[PDB]
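So, a structure with RVX-208 in it.
Positions are given from 1, in the same order as the sequence printed here. Atoms considered below: every heavy atom in the structure, side chains included; atoms not considered: hydrogens, waters and symmetry mates. Counting starts at 1 for both ligands and their atoms, in listed order.
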Amino acid sequence: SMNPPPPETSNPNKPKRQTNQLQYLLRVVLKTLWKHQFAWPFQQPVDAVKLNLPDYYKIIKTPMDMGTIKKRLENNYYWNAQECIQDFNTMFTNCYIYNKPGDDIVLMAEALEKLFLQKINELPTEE
Ligand SMILES: COc1cc(OC)c2c(=O)[nH]c(-c3cc(C)c(OCCO)c(C)c3)nc2c1
């Protein structure tokens, strides 16, 4: 069994910025989700070998996780807040696509996503 390479977190020729919206995404959005009791399954790429999910990366072709997002934010990988918001949404959607309603992992994602939505509802206007 084999995992894919993780998503890119470094690319020196990708344009990047540090916007006030991106600072909010790190200091408020990521920090809130990361500390949550249900964060742990989402803090690193899905290890499809250790979890014995051999079809995971057959179904999930755009993997994302908060470990990857955390590194992207800390390394100022992004140009804009929409890029980062898309990553969070890709993470949640992958969970819903792969799993079944009412599974524990789906309940965990839902809890995290509720908080994500409440925080992004107050994303600041760009300075
Ligand atoms: C431990 O961290 C994770 C993270 C996950 O996603 C972010 C998942 C995830 O998306 N599905 C599952 C999961 C677990 C079991 C036992 C399942 O039945 C095995 C097939 O008979 C299925 C279909 C999914 N485990 C995760 C664990």
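Here, the main chain in contact with RVX-208 is recorded in the PDB entry as Bromodomain-containing protein 4. Most residues contacting RVX-208 in chain A map to the UniProt domain Bromo 1. Counting only non-hydrogen atoms, the option in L51, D65, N52, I60 that gets closest to atom 1 (C) of RVX-208 is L51. Annotation for RVX-208: atoms under 4.0 Å from non-hydrogen atoms of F42 are 7 (C).
Short contacts between RVX-208 and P41, defined as distances under 4.0 Å to a heavy atom of the residue, involve ligand atoms 2 (O), 3 (C), 4 (C), 7 (C). Contacts between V46 and RVX-208 below 4.0 angstrom, taking non-hydrogen atoms only, involve the side chain exclusively. Between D104, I59, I97, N99, it is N99 that holds the heavy atom closest to atom 24 (C) of RVX-208.
Residue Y98 has no nitrogen or oxygen atom sitting less than 3.5 Å from a nitrogen or oxygen atom of RVX-208, judged on distance alone. Binding site of RVX-208 at 4.0 Å (heavy atoms): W40, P41, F42, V46, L51, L53, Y98, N99, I105.
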